[PDB]
A.B. asks: 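Got a structure here, written out as structure tokens. Questions coming.
Residue numbers begin at 1 in each chain, while the letters A, B, ... track the order of the sequences. Order of appearance sets the numbers: ligands from 1, and atoms from 1 within every ligand. Lab note: partial entry displayed, contacts enumerated inside displayed portion only. Worth knowing before you read on, the calculation uses all heavy atoms, side chains too, and leaves out hydrogens, waters and symmetry mates.
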Amino acid sequence: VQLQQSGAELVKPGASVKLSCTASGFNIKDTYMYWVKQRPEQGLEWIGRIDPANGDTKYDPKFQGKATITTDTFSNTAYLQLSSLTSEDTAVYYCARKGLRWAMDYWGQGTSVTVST
Amino acid sequence: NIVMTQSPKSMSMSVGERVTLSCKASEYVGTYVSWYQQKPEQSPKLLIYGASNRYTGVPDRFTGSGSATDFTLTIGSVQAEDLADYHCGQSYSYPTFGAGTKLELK
Amino acid sequence: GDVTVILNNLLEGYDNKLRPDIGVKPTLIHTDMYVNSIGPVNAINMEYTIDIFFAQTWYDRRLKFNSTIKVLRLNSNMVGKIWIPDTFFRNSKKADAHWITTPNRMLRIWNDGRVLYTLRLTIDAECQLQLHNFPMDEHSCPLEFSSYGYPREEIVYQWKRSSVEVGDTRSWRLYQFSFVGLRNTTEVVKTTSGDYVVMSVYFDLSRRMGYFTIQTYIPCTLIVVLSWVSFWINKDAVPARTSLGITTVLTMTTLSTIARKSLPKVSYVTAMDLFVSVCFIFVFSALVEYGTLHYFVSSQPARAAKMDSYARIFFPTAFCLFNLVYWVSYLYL
Amino acid sequence: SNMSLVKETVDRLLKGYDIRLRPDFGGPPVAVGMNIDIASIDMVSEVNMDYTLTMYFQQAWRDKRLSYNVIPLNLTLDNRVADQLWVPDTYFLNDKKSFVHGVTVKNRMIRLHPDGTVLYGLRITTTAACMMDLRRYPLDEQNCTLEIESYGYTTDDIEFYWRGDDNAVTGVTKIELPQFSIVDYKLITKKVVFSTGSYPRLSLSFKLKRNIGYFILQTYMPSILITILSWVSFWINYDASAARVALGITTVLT
Amino acid sequence: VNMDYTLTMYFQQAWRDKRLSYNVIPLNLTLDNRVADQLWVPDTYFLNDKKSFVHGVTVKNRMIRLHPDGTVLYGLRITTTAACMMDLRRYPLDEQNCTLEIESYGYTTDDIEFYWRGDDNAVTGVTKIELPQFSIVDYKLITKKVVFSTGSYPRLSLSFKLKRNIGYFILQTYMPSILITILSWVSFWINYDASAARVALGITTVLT
Amino acid sequence: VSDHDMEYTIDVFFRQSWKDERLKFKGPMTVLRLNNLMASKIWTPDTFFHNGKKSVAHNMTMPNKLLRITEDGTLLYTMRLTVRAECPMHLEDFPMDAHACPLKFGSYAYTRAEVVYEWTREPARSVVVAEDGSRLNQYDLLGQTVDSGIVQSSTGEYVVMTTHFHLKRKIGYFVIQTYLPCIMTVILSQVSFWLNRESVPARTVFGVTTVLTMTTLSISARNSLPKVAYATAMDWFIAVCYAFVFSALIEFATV
Amino acid sequence: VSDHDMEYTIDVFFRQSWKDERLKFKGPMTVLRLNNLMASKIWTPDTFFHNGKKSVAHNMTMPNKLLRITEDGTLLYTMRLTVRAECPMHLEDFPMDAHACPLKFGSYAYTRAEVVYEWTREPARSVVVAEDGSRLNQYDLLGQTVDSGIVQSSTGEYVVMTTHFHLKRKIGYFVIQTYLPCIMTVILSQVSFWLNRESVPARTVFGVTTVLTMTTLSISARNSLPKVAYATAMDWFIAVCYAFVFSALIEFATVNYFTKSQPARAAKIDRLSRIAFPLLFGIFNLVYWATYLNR
Ligand SMILES: *[C@@H]1O[C@H](CO)[C@@H](O[C@@H]2O[C@H](CO)[C@@H](O[C@@H]3O[C@H](CO)[C@@H](O)[C@H](O)[C@@H]3O)[C@H](O)[C@H]2NC(C)=O)[C@H](O)[C@H]1NC(C)=O
Ligand SMILES: *[C@@H]1O[C@H](CO)[C@@H](O[C@@H]2O[C@H](CO)[C@@H](O[C@@H]3O[C@H](CO)[C@@H](O)[C@H](O)[C@@H]3O)[C@H](O)[C@H]2NC(C)=O)[C@H](O)[C@H]1NC(C)=O
Ligand SMILES: *[C@@H]1O[C@H](CO)[C@@H](O[C@@H]2O[C@H](CO)[C@@H](O)[C@H](O)[C@H]2NC(C)=O)[C@H](O)[C@H]1NC(C)=O
Ligand SMILES: CCC1(c2ccccc2)C(=O)NC(=O)NC1=O
Ligand SMILES: CCC1(c2ccccc2)C(=O)NC(=O)NC1=O
Ligand SMILES: *[C@@H]1O[C@H](CO)[C@@H](O)[C@H](O)[C@H]1NC(C)=O
Ligand SMILES: *[C@@H]1O[C@H](CO)[C@@H](O)[C@H](O)[C@H]1NC(C)=O
Ligand SMILES: *[C@@H]1O[C@H](CO)[C@@H](O)[C@H](O)[C@H]1NC(C)=O
């Protein structure tokens, strides 16, 4: 029904970030939860998805090992942790859920991480 | 990794005329192509779920046309609020999106 | 919530052993079909398979409820709890419903008591095929149904205006036949138990000669043309011409047997064994012509010289005239 | 109304009804009358030594427990009530595989009459077995019958007869067999004796006569023509040895 | 041609049910085979079968047997058409290996455990099997755990290795073909002047 | 009797009698001839056929079962059923072989200390075959032979009632089918010895076509016969006949 | 895959999962792995196969069904069954043809506004064929292909899930059965051109037995394939080979007829046709195999 994300992050290159996506209006054990990234003036890029009822996770080949997606069922929350992010992944990170014909019908609000010194 | 190629990368067109956007897949994607709309500084909105099925709350001017590899998104009377990005994405495999198309007004 | 209350109230004081209006009037049942496919029409056992979605609809004043919902859409779970007509197919040798993964039945009850009951069936119906003019024949053989226990005074059937609908007709299992049309029919039949309203659907089929052509008509004609080549060989090579004559007869017999095995063991002559019989007569005639030639070359060579020159023009002309008359006479019919 | 009357009548008829006991369980035997409406005779197989026939098989008897007088009409009931009534345990002695059709429901009929007469019809496809004497094949006529007997009830508990005794079996003159032709049929009533008692038996026999048009054209015409083509070697002179030998040898082989 | 084999077996299962435990009477109880519709019996199935049935003559050929400590024995008489894929690259000089897979459908490996009762004497009656074409050379019993998308399930496997006999195939196909090849050599013993004889002989042997 | 499946079919009235003291009654009748649905509410023995393949218990038009209770507690329970049983045959002397097709039955799950079987009359007069009851085309039923023994399986010792039906194959079909074409082909190959040596192709096609016909006959005769490992008597006859034909051809070659 | 019946067989674990808020519980276990006789007391979807002919659901030894109820109300329901489905085939390039055998399933009695279907995982990974799971003798499974759509029936709109299995027929059997004997018969017919012109019965029986062989070949090769009403690739091959054999016999007839009147012409036509026939047959073989292997 609605997905609410946290605010923007301003972190230093070489650290780890943890983004959150809280779901309100439904149980996350019924659908999948997707994380998508979007750079300024470019197309969307799929990071990975997690099956919260099982714990099974899949990742994009350009993101395997970098990002890790976890879930907290008791509060209907999906977490995305980036391990060691360099000076190029300054994008907007969207949290989505699967819809009717495997589409992403509900999206979050975007979390713009920023890496600088 | 199924690659979706969207064309054109940027276009302009006036108000109240039919417009057609195209998405081409490298591999087979049955009817699992979706069309999202993204206005500036906002999250994408699902317009067309599946090939040729409108989402709840979408006007009757958007319509999709599907195949095994070729997909189109057609708008009829295009208004002045359709100044946004349009992405095509497949869901037959792990989801991949297109490059995007910026609709403009003239 | 409320649908459970409605379903439990419909089944209170309900007797599924009695049709609606059991002593008032006959029940009118509207029937529809949807042919998914017409299976192989083998003429050996005089039958054909068909797969349909058979839908019946009638009025039951006991399944009448007052509510804000207009229609109850149910599974096959409640089919055995209300009255269902005992429709049966009169010309079926074998017929079964479908049960995978759950019994393929549908029940829908409306606000005013109108019940619609649909189920998927695969029927192996029988139709006696008058196999004359085979294989350039056309048949029209039916699928009939009626009630089993309820006579005309208890159950009356009636088609709708969009009764029977076929699908794409290309995904059907008709190899040797081709669907061309259909027509519905209603009648009353006298039976030892009473008069029954019987409804028939006649499917008209025409056999496509694309298999029988390259199965028998092309090889038999080829064997005849083969037997023809014996005339151009010199009359002194006796084993050569003898071998030509006997092998063509052999091959014609083999072809006649393998072609007869297609259709059942009917006692009449068809349009295909007539063809193979005339071809057999042609090969046999070639052999007997060579026989009389070899017999006559010793008595007088002056008479036996132009026999082969006569045969070389008489056999192809006679065969072509036979083919002309046969094909015209059997495609005009 | 009429629905309430019929409902309470059927509910009274089936209340306290013992399906284990036949009508007049201690008294005289019950008489069951048979009708057969033959829909088709499918395949008379000489290799399996059997024949297949579809029939509308109807039985009529009189059960005093199913008697009513408040309504003036005959009651055709939904076929599921045939499992709550006593029906005779008729079987076919010379069958190999039988079944009742089951589309769209179980193809059977149960009808009650106000005087107690029960009418019970089934639609059966029987593969009955008959041994054929093929010593005159294919110029033979085969006489094989279908036996109708009662399994459990002896001749002092049940009694069989044909309902009409001459018109009880119909639809035999309309049967179109591709290889045979029905010439005559007979209905017989008798009693058989087994080690457990004496049982009534009915017998429906169809004398079939085989056509000859197929056997002539597929077998007798080829053999005669091959014999004629064996005669043709006499018009070949005795010099050409290869020709007559080849013609004769391949004629023998054919 | 169907890539299957039919086998009839007495298939018995034994487990222990703490609810079917009695101590008033001292003997083992063989009950009528219709009380097995009121007890819990495992939902065992054969993964590689195509059609199977329990014999139902004169009644359903199944056995239930209780024991005073709680042990339940449950036997069936099953004729099953199990699918076995053959490798016919060496036919008829071949040795096949095909199986009967015995698995639990509903209960995973943390709900049920399969094992051979005896582990070497669990399968009997193999040495008394006479086949018209094959000959049982060896048989093996295997315990295993398979993994599907729903869980991990226990599995037993009974495998036979069957060696096809050769004498039939020798006298039926290898010997006639060798005989035709011997026959096609009498074409050289005929003199090269007579042409029709050698052509007829060689052509009929190649055609045969 | 199917020879390619090594099985046979039989149709029987199978009667079993026993005594249940719980079913004693006293009424105006001394025997209750009840339906076939009362038998499913009482204990009936679970007899199965040890060598059955796919048997059927007929239930047309009703379950062909019989229950009679006598007032002292004795029950007679009869069924009508078609049994398809296994008959392991040894086909050395085919088609002049005699077999004893068995039919073994006993109780499933009831051992010797619980249920024992017995013939109700003298064992030579228990299994009774009807006179018109013979659907044998190829065999001849000579007699029957009953027996009783104790088999032992992984669940205990059971009583087994065995019946043997002695069959003697009729040769009149295989004679005309194989023995006359083989002897005819041998004689027809020996016909060539009366031809003049000036005709080489004639005697050549004689010999080779009789060798071909012998090959065809052996293949045809063996396709009806199952895929046994040994050689039958007809196979020995065909082999000797083939030897005669081949020797005739080699003799022509030598001449 | 039964080619003569236009059908195929497939043994599947068929799994369905939905959410029933009436089957919520709270106990020590979070998932009840129940029996196959509890699934008859509750609601289960009535999925049927749109192109299934006569499918079976195994009942050995117990009903091969599976019911799992999760604590929050989710139900997993699995069946094991053998679908016998319909595969419409276009046998125009037989036996060098490829097919896509479908398996359409949907809901009977439940329209799109009541029951919708969806794949539980990614659509490319939902239908999973096992590795040793191949009972194919004549075909080669290349991959699978799923789809979902809506059909408009007389009673409403229904969701239909389609699955295509792509098959490619293996030609190795048909080579030895038809393509090798036909080529061998053509060679056996063409070998007659090397015999001298003075042995006319010899070359006659050569030609005639090759014609007999080609006829028996066409019959034996046609009885395998079902009785379709058009010409396949094997039919065209047999027709051209029959033409070559018959043409060879006609050439022999011409050579024999031209003997004793013009010996030089007969010699010329026997020397010219000794090399034109293998050349023409090789060009036909090259063209045929090139157009039907790259097809
Ligand atoms: C087919 O075969 C059956 C079986 O043999 C034939 O039935 C037999 O038919 C005759 C004539 O109807 C029966 O005979 C007569 O017996 C009664 C006894 O009361 C006698 O009163 C008559 O004067 C006459 O002699 C005979 O009993 C009967 N046999 C059996 C065993 O049932 C039948 O006729 C054959 N043909 C057809 C067309 O069915
Ligand atoms: C017939 O085929 C089956 C399966 O194709 C064969 O069964 C397999 O048998 C071998 C040896 O008995 C097993 O290997 C073993 O591996 C385990 C791993 O822990 C090891 O502990 C053992 O010592 C042994 O090395 C193998 O696992 C097993 N299963 C397969 C391949 O799935 C069978 O041997 C064949 N022959 C007969 C006569 O049945
Ligand atoms: C099937 O049955 C319907 C109803 O009996 C037929 O519909 C009739 O069509 C004719 C024109 O051919 C009209 O004049 C009638 O008024 C129609 N009747 C009704 C009430 O629909 C329909 O033609 C039949 N279709 C066939 C014969 O295949
Ligand atoms: C085999 C000969 C035959 C025939 C030849 C001459 C006249 C009539 C029939 C035929 O060509 N085809 C058949 O089916 N049967 C036949 O007997
Ligand atoms: C076909 C010849 C054959 C044979 C010929 C000569 C000696 C031995 C055997 C035979 O007559 N019967 C068979 O079954 N197989 C054979 O190979
Ligand atoms: C009931 O059936 C009998 C016998 O067929 C018939 O005579 C009678 O008229 C029927 N009664 C009614 C009301 O139709
Ligand atoms: C019950 O069976 C077990 C194992 O078969 C056996 O040891 C025991 O003696 C049996 N009980 C009786 C009372 O015989
Ligand atoms: C399947 O098995 C169950 C339990 O074993 C039984 O209740 C049901 O009647 C069986 N169905 C069939 C068709 O055998």
A.B. asks: In this deposited structure, which macromolecule lies in greatest contact with ligand 4, as labelled in the PDB entry?
C.D. replies: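 Most contacts go to Gamma-aminobutyric acid receptor subunit gamma-2.
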A.B. asks: Which drug name is given for ligand 4 in the PDB records?
C.D. replies: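 At ligand 4, it's phenobarbital.
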A.B. asks: If a contact means heavy atoms under 4.0 Å apart, which other chains contact phenobarbital (ligand 4)?
C.D. replies: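 Heavy-atom contacts come from C, D.
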A.B. asks: What is written as the name of chain D in the entry?
C.D. replies: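 The PDB entry names it Gamma-aminobutyric acid receptor subunit beta-2.
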A.B. asks: Could you tell me where the covalent bond from phenobarbital (ligand 4) goes, residue and atom please?
C.D. replies: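 No covalent bond is modeled.
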